[PDB]
**Student:** 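One structure coming up, written as C-alpha cells, with questions to follow.
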Amino acid sequence: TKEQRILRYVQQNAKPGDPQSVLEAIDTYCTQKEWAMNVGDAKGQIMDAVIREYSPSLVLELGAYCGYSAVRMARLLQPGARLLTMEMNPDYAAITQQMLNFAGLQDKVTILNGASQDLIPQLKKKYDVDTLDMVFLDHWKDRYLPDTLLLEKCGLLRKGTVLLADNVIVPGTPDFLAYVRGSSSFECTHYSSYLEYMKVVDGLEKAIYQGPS
Ligand SMILES: Nc1ncnc2c1ncn2[C@@H]1O[C@H](C[C@@H](N)CC[C@H](N)C(=O)O)[C@@H](O)[C@H]1O
Ligand SMILES: Cc1ccc(C(=O)c2cc(O)c(O)c([N+](=O)[O-])c2)cc1
Ligand SMILES: [Mg+2]
C-alpha cells in the first residue's frame, strides 16, 4: 500500500527518536514520489504556530492517516500533554502507531481505532477526558460540521477550546465554514496557505469556542 511505502521510507531514511526527520522524510517522499493527504509542511508550520500559541494539554485529532500531523503536533506537546487521535481505517491506524513509535512520541499519543462519530461520545467515559483544549479536524470533509456539533453536544468543548480545521478551501468544508463563521459560539480566523504538495490555494480555519448562547 501507499501507506506501507511511506512508513518503510521513513524507517530507512529518517532518524529514530527524531520527530523532525520523520516529518521531513514523509514530506520528501510525498513531494517527490506519491502525493498523500498529509497536512504537509506549509500548513503544518501554521499548525505549529497555533500549537505553540495555545500550549494545549489535551488535543483531539480527527483523522490520523499515517501519523504525519500527529507527529507534527506531538513533538510540540509539553510534558504530560496528551494527543488523542481518531482513525477509522485499521490499516492506517497501525501505520500511525509505527510512525509515532519510530518518532519516540508514542507515549504522548493515544490512537483510537473507530469512527469519530462513534468514538466522540465515549471520550469522557473511556478516556478520562473532561474538555478538549484543542481539536484538529482533518478527516472526511463532510464530518467536520457533524463532529463539531457532536463535540459540543457531548460537552467536550469549553470557552477557548481551539478548533483547527484543515482543507476548508480544498477539498473544502463549506458547510462547516459557513456554520462556525455564522455562529456566535465561534470566533474564527482564516489562515491562507496551499494544498500539500501543490500550488492549489488552501487554508486552515481556527474556530475558538465561546460557549453556548
Ligand atoms: N469519520 C472518521 N472518523 C475517524 N477517522 C476518519 C474519519 N473519516 C476519515 N478518517 C480518516 O481521516 C484521515 C484523513 C487524512 N486527511 C488525515 C491526515 C492526517 N491528519 C495528517 O495530516 O497526517 C484518513 O486516514 C481517514 O481514514
Ligand atoms: C480522492 C482525493 C481527493 C482530494 C484529496 C485532497 O486533496 C485531500 C487533502 C487533505 O489534506 C485531506 O485531509 C483529504 N481528506 O482527508 O479527504 C483530502 C485527496 C484524495
Ligand atoms: Mg487535510
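Residue numbering for chain A follows the PDB entry; the residues present correspond to positions 47-259, in that order. The deposited model was determined using X-ray crystallography, 2.2 Å. Both counts, for ligands and for their atoms, begin at 1 and track the order of listing.
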**Student:** Out of flumequine, zardaverine, vorinostat, flurbiprofen, tolcapone, which is the molecule at ligand 2?
**Tutor:**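 At ligand 2, it's tolcapone.
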**Student:** Could you tell me which macromolecule makes the most contacts with tolcapone here? Its name in UniProt would be great.
**Tutor:** Catechol O-methyltransferase
**Student:** Is the shortest distance from a heavy atom of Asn213 to tolcapone less than 4.0 Å?
**Tutor:**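 So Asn213 counts as touching tolcapone.
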**Student:** My question is simple, although I want it checked carefully: is atom 19 (C) of tolcapone less than 4.0 angstrom from any protein heavy atom?
**Tutor:**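 Yes; the ligand atom in question has protein heavy-atom contact below 4.0 Å.
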**Student:** Do any non-hydrogen protein atoms sit less than 4.0 Å from atom 3 (C) of tolcapone?
**Tutor:**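 No, there is no protein heavy atom closer to it than 4.0 Å.
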**Student:** With a 4.0 Å cut-off on heavy atoms, is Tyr111 touching tolcapone?
**Tutor:**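 Contact check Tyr111 vs tolcapone: negative.
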**Student:** Considering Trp186, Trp81, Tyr243 one by one, which has a heavy atom nearer to atom 7 (O) of tolcapone than any of the others?
**Tutor:** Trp81
**Student:** Around tolcapone, list the other ligands or ions under 4.0 Å away.
**Tutor:**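 I find these: ligand 1 (sinefungin), ligand 3 (magnesium ion).
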**Student:** Which of the numbered atoms in tolcapone are below 4.0 angstrom from a heavy atom of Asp212?
**Tutor:** 11 (O)
**Student:** Which of the S-adenosyl-L-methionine-binding residues recorded by UniProt for chain A place a non-hydrogen atom closer than 4.0 Å to tolcapone?
**Tutor:**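 Those UniProt residues with a heavy atom under the cut-off: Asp184.
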**Student:** Would you mind listing which atoms of tolcapone come within a distance below 4.0 Å of any non-hydrogen atom of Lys187?
**Tutor:** 12 (C), 13 (O), 14 (C), 15 (N), 16 (O), 17 (O)
**Student:** Only heavy atoms of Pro217, strictly under 4.0 Å: list the atoms of tolcapone that pass.
**Tutor:** 4 (C), 6 (C), 7 (O), 8 (C), 9 (C), 18 (C)
**Student:** Which taxon does the entry assign to chain A?
**Tutor:** Rattus norvegicus
**Student:** Any idea which atoms of tolcapone are less than 4.0 Å away from a heavy-atom of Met83?
**Tutor:** 10 (C), 12 (C), 14 (C), 15 (N), 16 (O)
**Student:** Per UniProt, some residues of chain A bind Mg(2+); which of these have a heavy atom under 4.0 Å from tolcapone?
**Tutor:**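 Of the UniProt binders, a heavy atom is that close in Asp184, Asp212, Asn213.
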**Student:** Identify the binding-site residues of tolcapone using a heavy-atom cut-off of 4.0 Å.
**Tutor:**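 At that heavy-atom cut-off, the site is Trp81, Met83, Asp184, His185, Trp186, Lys187, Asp212, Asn213, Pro217, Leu241, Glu242.
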**Student:** Once you restrict both partners to nitrogen or oxygen, which atoms of tolcapone have a protein partner under 3.5 Å, and how far apart are they?
**Tutor:**
unit_1: tolcapone; atom_1: 11 (O); unit_2: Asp212; atom_2: OD2; d: 3.3
unit_1: tolcapone; atom_1: 11 (O); unit_2: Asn213; atom_2: OD1; d: 2.9
unit_1: tolcapone; atom_1: 11 (O); unit_2: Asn213; atom_2: ND2; d: 2.7
unit_1: tolcapone; atom_1: 11 (O); unit_2: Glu242; atom_2: OE1; d: 3.3
unit_1: tolcapone; atom_1: 11 (O); unit_2: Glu242; atom_2: OE2; d: 2.5
unit_1: tolcapone; atom_1: 13 (O); unit_2: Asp184; atom_2: OD1; d: 2.7
unit_1: tolcapone; atom_1: 13 (O); unit_2: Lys187; atom_2: NZ; d: 2.7
unit_1: tolcapone; atom_1: 13 (O); unit_2: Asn213; atom_2: OD1; d: 3.1
unit_1: tolcapone; atom_1: 15 (N); unit_2: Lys187; atom_2: NZ; d: 3.4
unit_1: tolcapone; atom_1: 16 (O); unit_2: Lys187; atom_2: NZ; d: 3.3

